Every structure is written in structure tokens, then in C-alpha cells.
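As C-alpha cells, the structure follows; a few thoughts come after it.
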Protein chains: 2
Amino acid sequence: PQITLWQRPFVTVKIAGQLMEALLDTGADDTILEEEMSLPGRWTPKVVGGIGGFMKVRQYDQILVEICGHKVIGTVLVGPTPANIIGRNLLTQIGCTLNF
Amino acid sequence: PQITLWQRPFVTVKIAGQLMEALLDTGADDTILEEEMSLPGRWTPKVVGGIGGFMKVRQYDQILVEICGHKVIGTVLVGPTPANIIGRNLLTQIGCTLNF
Ligand SMILES: Cc1cccc(C)c1OCC(=O)N[C@@H](Cc1ccccc1)[C@@H](O)C[C@H](Cc1ccccc1)NC(=O)[C@H](C(C)C)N1CCCNC1=O
């Protein structure tokens, strides 16, 4: 699809059998999911800095993400973010471009 | 142009005779420039919340922004952001779409 930006660019994603909406975010290097997201297995501590300051997150490697049905695999961060965010690490795998 | 997302999507912008680079950010509702940015005239207090928390900003209305040479006019926030960010309020005016 081609998506205009008059509204926030949310899409439905399925991760580890769970459904959620996440923002397609060209300003994000990394993908981050909300605190209540349950991913199994080991993780590594990471800190993410946005506008406002920094927050501690859990880094999960090799997570399968189904983004508008497209299947991709990458690193997913989990922490106390206000919204689920799909960052460039996954946007590149769905062939996402900015056009104008 | 069409821009891929293997790298951060920075573009050059000119605002109030000053040049800077700014991130094209679909995850941002609003446009925010770094604390050292000098805009003339009246402004209104606003607070922006990102990942990490919130920060106090100045809201300037009807600012002319030249984005990749395109001319657009909109609200611009100025505060202690780590990077200049072009949000959807301006991205819509340059006909910016996400494609995949
Ligand atoms: C949502 C919003 C509403 C009104 C006004 C503004 C400016 C708004 O956006 C603020 C905002 O932080 N949006 C983020 C996503 C957002 C949407 C909704 C709520 C909260 C946040 C994101 O798009 C931009 C922001 C840019 C940035 C900040 C600091 C250093 C470098 C880059 N990017 C990041 O925080 C990313 C994260 C998300 C992986 N990030 C973290 C560090 C390393 N690099 C990097 O890419």
C-alpha cells in the first residue's frame, strides 16, 4: 500500500500469537513494544533515549513479526513505551520507502 | 524523491535564514527543532511527551520551512530535543507518503 500521513500511520501486527497496532515510525532506529508484551526466552538489557529522556528496555533477538501480513524477523525491544513502534530495523524488511 | 530507510532519513531544511538537517519522522505528530534554534516573536508554552518522558517547548505558529527546497508553513516547536524532527504536520504539506 501507499499510506498518506494526515493520521498517525498505525498498522496491525502479530507477534508471538498476539495482535496489536504499532506505529510505522521512520524516526525510530529500533522497534519497541509496550510493557505488557510477553516474549519468551532470554533477553539483554538495553537503554533507549527519546524526547523526554531515557528508559530501560529488554532486547529480544530474532523475533518473528507479521506486519500487515508480511513476515520479517528482527530485534524487538520491550519496555514502558507509550505506543508500540515499528522502527527502521523492520521497516527496511518490508521494503518501506518515504516518497514525495 | 523516493527514500529507503537503511539510514536515518535526514533532509536539509532552511528556516528563518538558518540551515539545519532534520529527521523525516512519521512517528511524530509535530515538528520540533533544537534548543539553539532562534525564532523571532511571540510563542506559546507547550509540553511534548516522547519515549523517556516529557519536555517543555515553545510553540511558534505560521513558520515558513523550506524542506528539500519545497516551501511549507506550519507550527514549529523549539525545545531541548536531541535532533531536529519534521513531523506529520509538515510532512503532509510536502505530499509525503509511506510506501511498501
Ligand atoms: C509523538 C509526538 C507527538 C508530538 C510531537 C512529537 C515531536 C512527537 O514525537 C516525539 C518522539 O519522540 N517520537 C518518537 C516516536 C514516539 C511516538 C509516540 C510516543 C513516543 C515516541 C520518534 O518518532 C522520534 C525519536 C527521535 C529521536 C530522539 C532521540 C534521539 C534520536 C532520535 N526517536 C526515538 O525516540 C527512537 C525510538 C522510538 C526507537 N530512537 C531512540 C533513540 C535512538 N534512536 C531512535 O531512533
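Just so we're on the same page: letters track the sequence lines, and every chain starts at 1. Read the numbers this way: they start at 1 and go in the same order the structure lists the ligands and their atoms. Both backbone and side-chain heavy atoms feed into the values below; hydrogens, waters and symmetry mates do not.
- Most-contacted chain for ligand 1 in this structure, per the PDB entry: protease retropepsin.
- Found at ligand 1 is the drug lopinavir.
- For lopinavir, the other chains with a heavy atom below 4.0 Å are labelled A, B.
- Residue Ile85(A) touches lopinavir through its side chain alone, judged by heavy-atom distances below 4.0 Å.
- Against a heavy-atom cut-off of under 4.0 Å, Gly49(A) is close to the following atoms of lopinavir: 29 (C), 30 (C), 35 (O), 41 (C), 42 (C).
- In terms of protein heavy atoms, atom 10 (C) of lopinavir is closest to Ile51(A) CD1, 3.9 Å.
- Every atom of lopinavir is numbered from 1 in the order shown, and the set under 4.0 Å from a heavy atom of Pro82(B) is 29 (C), 30 (C).
- Note that atom 31 (C) of lopinavir has no protein non-hydrogen atoms nearby, at separations under 4.0 angstrom.
- Nearest non-hydrogen protein atom to atom 2 (C) of lopinavir is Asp29(B) N, 3.7 Å.
- Proximity annotation for atom 18 (C) of lopinavir: of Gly27(B), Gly52(B), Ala28(A), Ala28(B), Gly27(B) comes nearest, heavy atoms only.
- The distance from lopinavir to the heavy atoms of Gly50(B) drops below 4.0 Å at these ligand atoms: 12 (O), 20 (C).
- The part of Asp25(B) lying near lopinavir is the side chain, judged by heavy-atom distances below 4.0 Å.
- For atom 6 (C) of lopinavir, the nearest non-hydrogen atom from the set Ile32(A), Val48(B), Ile86(B) belongs to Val48(B).
- When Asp30(B), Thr31(B), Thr26(B) are ranked by how near their heavy atoms come to atom 7 (C) of lopinavir, first place goes to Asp30(B).
- In this structure, atom 15 (C) of lopinavir has a protein heavy-atom contact shorter than 4.0 Å.
- In this structure, the binding site of lopinavir at 4.0 Å (heavy atoms) is formed by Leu23(A), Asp25(A), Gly27(A), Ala28(A), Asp29(A), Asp30(A), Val48(A), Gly49(A), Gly50(A), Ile51(A), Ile85(A), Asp25(B), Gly27(B), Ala28(B), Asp29(B), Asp30(B), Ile32(B), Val48(B), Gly50(B), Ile51(B), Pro82(B), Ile85(B).
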